[PDB]
Structure formats: structure tokens, C-alpha cells
Asker: 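Sending over a structure with daunorubicin; questions below.
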Amino acid sequence: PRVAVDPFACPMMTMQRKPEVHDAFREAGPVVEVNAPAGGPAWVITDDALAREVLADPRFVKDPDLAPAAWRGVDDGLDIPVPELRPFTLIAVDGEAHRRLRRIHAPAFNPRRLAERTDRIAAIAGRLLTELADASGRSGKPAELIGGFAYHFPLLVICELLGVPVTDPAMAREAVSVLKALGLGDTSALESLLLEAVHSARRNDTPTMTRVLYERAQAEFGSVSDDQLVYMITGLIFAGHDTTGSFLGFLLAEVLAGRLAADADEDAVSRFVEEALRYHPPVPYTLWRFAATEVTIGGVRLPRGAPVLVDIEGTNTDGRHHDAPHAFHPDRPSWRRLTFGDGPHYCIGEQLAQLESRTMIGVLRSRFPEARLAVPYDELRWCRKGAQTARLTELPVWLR
Ligand code: HEM
Ligand SMILES: COc1cccc2c1C(=O)c1c(O)c3c(c(O)c1C2=O)C[C@@](O)(C(C)=O)C[C@@H]3O[C@H]1C[C@H](N)[C@H](O)[C@H](C)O1
């Protein structure tokens, strides 16, 4: 069954709607052929249970050399490092080389080590929000939280966790996007900061995020160069703030639309964040996978080399398994989602994103209890192009 469309097609959206291709795909069946953006066929998985099988099947590999020749330098979302850096990029390998990187990265997201930074995370959020409110005091204009908070906050957090002291969040976001795009196929001020974080960790037993990465990497590789560690934390910084800042704009919009009870205990906050995660996934599809061998799944025989996507955004809003999927219901069955992926490549950073989301909400409820939208929720719009994360066009709010 085939639907001759680009699955990344996305017009301007309201808060409530999801693009129509998701329904078109799902009605066609569990495994649908589509027009890959960079040329040739591709296949979308539209059922949650079969998606979880695909993501756990060793025959669907990340290996980007298996991508069609035409895509190189063309496809928006082809992650292809130079072959010498692939062993150091979590998203480009599978099997033993991948478990090696997983063993190095997991202790960096230790829940106790992360929780020790809670106050610091709340301080960063508090400062950013206070200056935005004061700026509104001065100007008589609303604060724009997408440009002013959503990306700045997680970027400042991850940099501080890695020991990279950042002074200009906007400029650091620009600079790390250049390096990220080079690594996956003026930044010198940022490069010096990362190299310094790496020097400091090689020299001090202070158990920063960069130090645990270095200790484990040195153990797993015998020897690791500064360039290889800089390249790895560059990856964490991008992944650590782009998906998160896109999602935080949606979470902020739901909180300020008044949908959270003012008496909410920690369980209720958790259920609210989970429902935001089901309802507003930043990443609509999993990263490209390729059949390393001919595989027959969901009744469809897939050829060797078949590009395969799991539909995160569609399965998250599938009416066969969610009651009123396009309505925001914190107290629904807090239940299955693919917002963070599944299987061996499940998001290693999820713990940090959950801590940041709770902490942000706590700073808002405590110090900005009257914050609210400055436009109606029905006037909010979001979009995405190609392979980038979904994001709101703007989020004007009165913080006080
Ligand atoms: C709300 C925030 C986030 C969302 C929605 C999200 C989503 C995802 C998804 C969907 C994947 C798997 C993609 C695939 O297998 O096709 C993934 C993997 C990953 N994420 Fe997250 N992510 C978030 C936050 C973070 C943060 C804060 C970090 C680090 C600071 C991070 C680092 C990573 C890394 C390194 C991987 C690769 C894991 C692997 O391939 O083994 N993410 N994420
Ligand atoms: C020098 O870059 C790296 C070096 C080593 C490891 C890494 C990276 C890296 O850049 C990187 C990422 O950029 C991303 C991720 C990641 O794990 C890494 C590394 O591990 C995770 C991510 O794909 C998802 C889906 O959450 C988001 C993000 O991808 C970007 C590009 C994707 N194609 C997609 O557009 C996504 C939304 O943003």
C-alpha cells in the first residue's frame, strides 16, 4: 500500500491539530510506502506494537552508508559523520560499538548526580524569567518565551553540566549548530570552551558530566583524544537543547493556558508533563533506519536497503489506542508513547529533560503564579520543515 507523499509534509498547524498524512498513512495500513524526500521509496510504520518490534530488531540498522547514493549532501535528515568519527557517534552505530557508547554515556545521566544540580537548574530558570519580566516592565510589551527562554534555558543547563561556561546563549546556539552540521556531514570561541572543559576533566577528579564521559571513554577505547571527546560533548549539547527547547515551548503554552491545577502535587505535575510529551512530540519520526537484509514485516516484504521510519507523532495520536487523542488530558491513562524512541537507541538524555521540565514548572508556580498567555491559545501556531523539530512560531506571555 502506497501514499505518494512526503511524510515530512507540514503546513502551519494549530495547537490541537496534527498533519493529515498521519491519518492517510494509518488508514492505508501498518507499513506504508511513501516518497522519501531525497528520492526513491521509503516505508512508514504506523502501528505502535509493530514499531516497537522494528526498533528492537537487529536487522534495521542506522548505518548511513546504506542510504541511497543520491541522498548524500541532499537529504535534510541524513546523519553521516566521516567514517573515523562514526565510532564516537551514538546515532550512527549498532551492536557492540553502540553498547560501548551507551556504557560511556549512561553514568553521565545518573539520576542522583543530576538531582544534585536541581537548585542550580532552578536558579538558571529563575534568572532568565526575571529578566524577561523586568524587560516587560520596561517596555510595556509581552515577553516572547520561544526566543527568550525555550532554547536558552536547556542550553545553559547542559553547558553548565559539562563545565563549559557560556556567556551568550543565542550565539552559543548558532555556533553549536554549525559544528553539529559539520560533524554529521565563527565557531572558534565555542570550540575553545569545549576544549577547555575537556582539558579540565582530564586533569581534575571533579565528577562533572565531562569527567565521567572521559573516564569511561578512556577505559572502553584504551585511549581517547581531546578531539574525540570534544566531538562527543558537541553532540550532547545539540541533542540536549534543540529537542528540549522545542518541547518546552509546547509545555510552557499548556501550563500558561491554565490547564494545571494550582494545588498540583508532584504526581499531578508528572502526569501533566507526560501528557504534554504524548501530545506535542518534538520529533515526528524516528531517525532513518535501513534493512540490512531482506525482511518481511507486517505482511510487506521490504528490500535490502529499505529506508524505514516509525511514525512517532501519528502513533502518539492514534484513536484506536487513545481516547480522544487530539485532546489534552493529563489524567488519561498515563501510558505508551514513542516520543523518546524505543529499543537500544532510546533517548539517553530523557532524565535531564524530565528534571528540567519539572523544575521550570516549579519556578513558574512559585515565583510567577499569574503568568499567562498574551494571545489566545487558539491563535498559537507551530510548524516544522524537513527534519527539524516542531516548534511554535512565537509565545507571547505576561509573566506578572
Ligand atoms: C523533551 C526532550 C527530548 C526528546 C523529545 C528526545 C527525543 C529523542 C528520540 C526520539 C531519540 C531516538 C531517535 C531514534 O532512535 O530514531 C533520542 C535519542 C537520543 N537523545 Fe533525546 N530527546 C530529548 C532530550 C534529550 C536530551 C536533554 C539529551 C542530552 C542532553 C538527549 C540526547 C540524546 C541522545 C545522545 C540520543 C541518542 C541515543 C542513541 O542513539 O543510542 N536527548 N532522543
Ligand atoms: C557532532 O554531532 C554529534 C556527535 C556525536 C553524537 C551525536 C551528535 C549529534 O549531533 C546528535 C544530534 O544532533 C541529535 C541526536 C543525537 O543523538 C546526536 C548524537 O548522538 C538525537 C536526535 O536526533 C533526536 C532524534 O533526539 C536529535 C539530534 O539530531 C538532529 C539531527 C537529526 N537528523 C534530526 O534533524 C534531529 C531532530 O536533530
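Chain A uses the PDB entry numbers throughout; the residues present, in order, are 6-190, 208-422. Indexing begins at 1, ligand by ligand and atom by atom, following the structure's order.
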Asker: Quick one: which ligands or chains go with daunorubicin?
Answerer: ligand 2
Asker: Which chain forms the chief contact surface with daunorubicin (ligand 2), and what is its name in UniProt?
Answerer: Cytochrome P-450 monooxygenase DoxA
Asker: By chain and residue number, what forms the binding site of daunorubicin (ligand 2) with heavy atoms closer than 4.0 Å?
Answerer: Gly82, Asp84, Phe93, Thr94, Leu95, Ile96, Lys185, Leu189, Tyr253, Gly257, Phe260, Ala261, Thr265, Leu309, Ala409, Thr411
Asker: Please write down residue, atom name and distance for the protein heavy atom closest to atom 7 (C) of daunorubicin (ligand 2).
Answerer: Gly257 CA, 3.7 Å
Asker: Within 4.0 Å of atom 29 (O) of daunorubicin (ligand 2) (strictly less), any protein heavy atom?
Answerer: no
Asker: Starting from atom 16 (C) of daunorubicin (ligand 2), find the nearest protein heavy-atom neighbour and note its residue, name and distance.
Answerer: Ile96 CG2, 3.7 Å
Asker: What other ligands or ions are found less than 4.0 Å from daunorubicin (ligand 2)?
Answerer: ligand 1 (protoporphyrin IX containing FE)
Asker: Atoms of daunorubicin (ligand 2) less than 4.0 Å from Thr265 heavy atoms?
Answerer: 26 (O)
Asker: Need the daunorubicin (ligand 2) atom indices (1-based, order shown) with element for anything under 4.0 Å from a heavy-atom of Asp84.
Answerer: 31 (C), 32 (C), 33 (N)
Asker: I need the atoms of daunorubicin (ligand 2) closer than 4.0 Å to a non-hydrogen atom of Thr94, numbered in the order shown.
Answerer: 5 (C), 6 (C)
Asker: I'd like to check which daunorubicin (ligand 2) atoms, numbered from 1 as shown, lie under 4.0 Å from a non-hydrogen atom of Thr411.
Answerer: 37 (C)
Asker: Within daunorubicin (ligand 2), which atoms have a heavy atom of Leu309 less than 4.0 Å away?
Answerer: 23 (O), 32 (C), 33 (N)
Asker: What about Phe260: any of its N or O atoms under 3.5 Å from an N or O on daunorubicin (ligand 2)?
Answerer: no
Asker: Nearest to atom 15 (C) of daunorubicin (ligand 2), what protein heavy atom do you find, and at what distance?
Answerer: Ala261 CB, 3.6 Å
Asker: Would you mind running through daunorubicin (ligand 2) and noting each atom that sits below 4.0 Å from a heavy atom of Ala409?
Answerer: 34 (C), 35 (O), 37 (C)
Asker: Would you mind writing out a table of all protein N or O atoms found under 3.5 Å from any N or O atom of daunorubicin (ligand 2), naming both atoms and giving the distance to 0.1 Å?
Answerer:
from: daunorubicin (ligand 2); atom 1: 33 (N); to: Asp84; atom 2: OD1; distance (Å): 2.8
from: daunorubicin (ligand 2); atom 1: 35 (O); to: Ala409; atom 2: O; distance (Å): 2.8

